[PDB]
Engineer: 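Okay, handing you the structure first.
Chain lettering follows the listing: the opening sequence line is A, and each later line takes the next letter. Residue numbering for chain A follows the PDB entry; the residues present correspond to positions 12-286, in that order. Chain B uses the PDB entry numbers throughout; the residues present, in order, are 12-286. In each ligand, atom 1 is the first atom listed, and ligand 1 is the first ligand listed. The deposited model was determined using X-ray crystallography, 1.6 Å. Computed over heavy atoms, backbone and side chain alike; hydrogens, waters and symmetry mates excluded.
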Number of protein chains: 2
Amino acid sequence: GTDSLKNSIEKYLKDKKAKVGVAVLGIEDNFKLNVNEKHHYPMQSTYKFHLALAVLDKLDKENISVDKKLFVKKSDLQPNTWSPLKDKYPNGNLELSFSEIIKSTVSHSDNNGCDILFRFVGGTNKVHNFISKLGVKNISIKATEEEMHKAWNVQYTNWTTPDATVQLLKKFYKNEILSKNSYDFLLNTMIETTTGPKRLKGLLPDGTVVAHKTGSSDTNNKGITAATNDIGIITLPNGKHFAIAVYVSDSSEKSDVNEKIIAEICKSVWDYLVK
Amino acid sequence: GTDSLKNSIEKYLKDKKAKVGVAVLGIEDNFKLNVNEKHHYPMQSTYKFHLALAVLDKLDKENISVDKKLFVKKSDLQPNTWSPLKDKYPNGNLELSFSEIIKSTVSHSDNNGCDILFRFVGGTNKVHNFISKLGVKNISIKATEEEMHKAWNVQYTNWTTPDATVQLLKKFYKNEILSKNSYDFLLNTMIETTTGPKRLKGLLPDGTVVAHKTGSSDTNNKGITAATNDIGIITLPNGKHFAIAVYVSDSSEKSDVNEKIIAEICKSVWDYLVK
Ligand SMILES: *C(=O)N1C[C@H](NOS(=O)(=O)O)CC[C@H]1C(N)=O
Ligand SMILES: *C(=O)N1C[C@H](NOS(=O)(=O)O)CC[C@H]1C(N)=O
Ligand SMILES: [Cl-]
Ligand SMILES: [Cl-]
Ligand SMILES: [Cl-]
Ligand SMILES: [Cl-]
Ligand code: NA
Ligand code: NA
Ligand code: NA
Ligand code: NA
Ligand code: NA
Ligand code: NA
Ligand code: NA
Ligand code: NA
Ligand code: NA
Ligand code: NA
Ligand code: NA
Ligand code: NA
Ligand code: NA
Ligand code: NA
Ligand code: NA
Ligand code: NA
Ligand code: NA
Ligand code: NA
Ligand code: NA
Ligand code: NA
Ligand code: NA
Ligand code: NA
Ligand code: NA
Ligand code: NA
Ligand code: NA
Ligand code: NA
Ligand code: NA
Ligand code: NA
Ligand code: NA
Ligand code: NA
Ligand code: NA
Ligand code: NA
Ligand code: NA
Ligand code: NA
């Protein structure tokens, strides 16, 4: 049955000109599915989940309220990157709460908010170690968003296996990582995500709860899109949950196809688990 | 006097590690100042002005109302680029007016709106020719935003001299290019610009009217920022106007310094003209 679902996904992937990594882990039960999982996939913005974990842990441990505010300099809001915060606050030089910054960074994938938070938490190495020490191997966090935008290859240094991702998502969902309040906060923020609505969510019934974080790369001069990703936890019609991570990497396919790969793989998994 | 202002600007630029092109043209009088003007500077987002001219001309000539709507596909709203439209409409697949698209493209520098409009108007070559046929030489329009994001060098194909820019801005301000309504619309849209508030506007008195369009590049792995630009028309305290264009190119300086170069050069010009 699980083997059959796997074979269906593998057959779907046969004519897609991309390297697609898939992992699924049940939250409450023992369901497990991996496809192409031993490869290293570039995370792009999906690593803002990991960053948010480390940030909220730091706030939890050091007794810093999420309503406390950072001073966000104009130079912290750089122009040549995706940034709803910057368009909201074009002059910068203002106090913003950790709450507001994290919500933008995670739900709207702000790149400036990401790097502001890397600086707050003490750098990429802090977050890399934090994750490693949760007992999840096969995740590498090396470069900030600014660093990734400087050169095409730098994104591949921020890599993961897909099964690492869902292991981490399951530790998180069972609230094994954060305080209750920080867990509630991050989970709500992941359900509130507005990006990628035609990825994991794309072909699921209207109103399905999907707590998720997307990531995307650009396309290079050879027509390759390095990363089109979506990771999250999905609620089934009976209240149970599954963690799923899909990484469409090094793809020669157009963006509509890359998103559809995620949506169709997710639908296949959903259809199996509801049945 | 004008020669003295020039010498002041040249002296300011002596210790700045960037190639800075400057042009100023009075709108109503004969004032003219050029610095480093024979070089070719990468325009980045400043070419959305030129695009808007060609678009509004097309709408004017073909009797198409600016309130008419394009269908903006989800694939027209690409994720790895600066785009307030995309964050506003994450599902895309909706009807948006030319008005709304142009306001986002010009006032908020949306990159997706830019490329949607390049497609509407018939491509970069259409806009290149349109501009050339206004009688303004030394502007090259070759690449869309998507094309620029594929490779570092592509931005240099969209180049200008600074004096070309202010020649064009003056033709525009005197409403020699568009209908009255389209002129009014584009001018209002340029005053409504929210980007770059610490560039041309940075050191001018609060409330000074500055109709402008900014542009920025990223920084490469060698620490060079190709472009930090601002172009526009400024209203003096006595109602007269000047067109100014500043291109801080191939800069080893940090972003705060690059912006400050524009702000300080503009202030110098402002101080001269008010006196
Ligand atoms: C993250 O991968 N990025 C930030 C932003 N969001 O895109 S997302 O919708 O897939 O998370 C733009 C794309 C990408 C990047 N290029 O920085
Ligand atoms: C234009 O140069 N771009 C679009 C957007 N706006 O920046 S602006 O404020 O200088 O016009 C982001 C930067 C840039 C680009 N990299 O596309
Ligand atoms: Cl980006
Ligand atoms: Cl947790
Ligand atoms: Cl961009
Ligand atoms: Cl005009
Ligand atoms: Na594959
Ligand atoms: Na389960
Ligand atoms: Na693995
Ligand atoms: Na800002
Ligand atoms: Na706030
Ligand atoms: Na605030
Ligand atoms: Na937000
Ligand atoms: Na560190
Ligand atoms: Na690191
Ligand atoms: Na790890
Ligand atoms: Na990269
Ligand atoms: Na693993
Ligand atoms: Na969501
Ligand atoms: Na979503
Ligand atoms: Na989507
Ligand atoms: Na992508
Ligand atoms: Na591609
Ligand atoms: Na110079
Ligand atoms: Na004048
Ligand atoms: Na010249
Ligand atoms: Na969209
Ligand atoms: Na509209
Ligand atoms: Na509309
Ligand atoms: Na707008
Ligand atoms: Na053309
Ligand atoms: Na062209
Ligand atoms: Na020309
Ligand atoms: Na470029
Ligand atoms: Na010229
Ligand atoms: Na303005
Ligand atoms: Na402004
Ligand atoms: Na600014
Ligand atoms: Na710049
Ligand atoms: Na620089």
Engineer: Could you tell me which macromolecule makes the most contacts with ligand 2 here? Its name in the PDB entry would be great.
Structural biologist: Beta-lactamase
Engineer: Identify the drug located at ligand 2.
Structural biologist: avibactam (bound form)
Engineer: Quick one: other chains with a heavy atom closer than 4.0 Å to avibactam (bound form, ligand 2), which letters?
Structural biologist: A, B
Engineer: Name every other-chain residue that has a non-hydrogen atom under 4.0 Å from avibactam (bound form, ligand 2).
Structural biologist: A:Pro90, A:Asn91, B:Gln55, B:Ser56, B:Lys59, B:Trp93, B:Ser120, B:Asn122, B:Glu156, B:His160, B:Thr206, B:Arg210, B:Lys224, B:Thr225, B:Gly226, B:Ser227
Engineer: So which heavy atom in the protein is nearest atom 17 (O) of avibactam (bound form, ligand 2), and how far is it from that ligand atom?
Structural biologist: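 Heavy-atom neighbour on the protein nearest atom 17 (O) of avibactam (bound form, ligand 2): B:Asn122 ND2, 2.9 Å.
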Engineer: Say whether B:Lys59, considering both its backbone and side-chain N or O atoms, lies within less than 3.5 Å of an N or O atom on avibactam (bound form, ligand 2).
Structural biologist: no
Engineer: Do me a favour and list the nearest non-hydrogen protein atom to atom 14 (C) of avibactam (bound form, ligand 2) with residue, atom name and distance?
Structural biologist: B:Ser227 O, 3.1 Å
Engineer: Write out the residue and atom name of the closest protein heavy atom to atom 11 (O) of avibactam (bound form, ligand 2), then the distance separating them to 0.1 Å.
Structural biologist: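 For atom 11 (O) of avibactam (bound form, ligand 2), the nearest protein heavy atom is B:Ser120 OG, 2.8 Å.
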Engineer: Just to confirm my output: which protein heavy-atom neighbour is closest to atom 4 (C) of avibactam (bound form, ligand 2), and how far is it?
Structural biologist: B:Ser56 OG, 2.7 Å
Engineer: Which residue supplies the protein heavy atom nearest to atom 5 (C) of avibactam (bound form, ligand 2), what is that atom called, and how far is it?
Structural biologist: B:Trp93 CD1, 3.4 Å
Engineer: Check whether any N or O atom of A:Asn91, backbone or side chain, sits under 3.5 Å from an N or O atom of avibactam (bound form, ligand 2), and answer yes or no.
Structural biologist: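 For avibactam (bound form, ligand 2), there is an N or O atom that lies under 3.5 Å from one belonging to A:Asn91.
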Engineer: I'd like to check whether B:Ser228 has a polar contact with avibactam (bound form, ligand 2), where a contact means an N/O of the residue lying under 3.5 Å from an N/O of the ligand.
Structural biologist: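 In this structure, B:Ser228 places no N or O atom under 3.5 Å from an N or O of avibactam (bound form, ligand 2).
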Engineer: Which residue and non-hydrogen atom of the protein lie closest to atom 9 (O) of avibactam (bound form, ligand 2), and at what distance in Å?
Structural biologist: B:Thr225 OG1, 3.2 Å
Engineer: Mind checking which residue and atom the model joins avibactam (bound form, ligand 2) to with a covalent bond? None is a fine answer too.
Structural biologist: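 Covalent, to B:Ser56 OG.
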